[PDB]
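Some notes on the structure that comes next.
All chain A residue numbers match the PDB entry; in order, they span 14-123. Note that ligands are numbered from 1 as they come in the structure, with each ligand's atoms numbered from 1 the same way. The way this entry was determined, per its header, is X-ray crystallography, 1.5 Å. Just so you know, these numbers use all the heavy atoms, side chains as well, and skip hydrogens, waters and symmetry mates.
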Amino acid sequence: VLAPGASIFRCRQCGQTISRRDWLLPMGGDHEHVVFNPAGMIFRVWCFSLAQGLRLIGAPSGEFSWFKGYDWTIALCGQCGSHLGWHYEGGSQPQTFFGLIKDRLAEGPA
Ligand SMILES: O=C1CC[C@H](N2C(=O)c3ccccc3C2=O)C(=O)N1
Ligand SMILES: N[C@@H](CC(=O)O)C(=O)O
Ligand SMILES: [Zn+2]
């Protein structure tokens, strides 16, 4: 389409470019996964094949992973440090992907 407005995802706090709607990834048949951590926090996680602009912190862990076969690392906004989600690795088809917290991103034109 011409002049799309639902094209890219930026960090909600600072505007860093993070991902693209084209890169949404339907893990287990859905790009959206509603999940909770051990602290009881609920996240609406959108899975993306690719992302940029993040800083991945520490070494991977399999503990409490929401995605069978994958280990996670915390993904912060590389610009402002906002916690945007997790990077997943060590699994199969795909080996890696990103799970980003939908309400911590702003969607907009390319
Ligand atoms: O797949 C994941 C990513 C990490 C996530 N997670 C959290 O968000 C968290 C907060 C506090 C203590 C421990 C955890 C943890 O494993 C979680 O529970 N599963
Ligand atoms: N979508 C932008 C690229 C960006 O802002 O990251 C452009 O077409 O110039
Ligand atoms: Zn940011």
Which pharmaceutical agent is found at ligand 1, per the PDB annotation?
-> S-thalidomide
Chain with most contacts to S-thalidomide (name per the PDB entry) = Cereblon isoform 4
Could you find the nearest protein heavy atom to atom 14 (C) of S-thalidomide and give me its residue, atom name and distance?
-> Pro51 CD, 3.7 Å
Quick one: nearest non-hydrogen protein atom to atom 16 (O) of S-thalidomide, plus distance?
-> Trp85 CZ2, 3.2 Å
In the PDB record, where does chain A come from, organism-wise?
-> Magnetospirillum gryphiswaldense MSR-1
Write down the residue and atom holding a covalent tether to S-thalidomide, else none.
-> none
Interfacing atoms of S-thalidomide (cut-off 4.0 Å, heavy-atom, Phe77) | 1 (O), 2 (C), 16 (O), 17 (C), 18 (O), 19 (N)
For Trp99, the S-thalidomide atoms whose distance to one of its heavy atoms is below 4.0 Å | 3 (C), 4 (C), 8 (O)
Using heavy atoms and a threshold below 4.0 Å, how should the contact between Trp79 and S-thalidomide be classified: side chain, backbone, both, or neither?
-> both
Heavy-atom contacts with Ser78 under 4.0 Å: which atoms of S-thalidomide show up? List them by number with element.
-> 1 (O)
Evaluate the 4.0 Å heavy atom contact test for atom 3 (C) of S-thalidomide: does a protein atom fall under the cut-off?
-> yes
Could you check atom 6 (N) of S-thalidomide against the protein and tell me its nearest heavy-atom contact, residue, atom and distance included?
-> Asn50 CB, 3.8 Å
Out of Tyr101, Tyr83, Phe80, indicate the one that has the non-hydrogen atom closest to atom 1 (O) of S-thalidomide.
-> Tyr101
Which residues lie close to S-thalidomide, i.e. with a heavy atom under 4.0 Å?
-> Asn50, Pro51, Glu76, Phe77, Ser78, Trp79, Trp85, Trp99, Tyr101
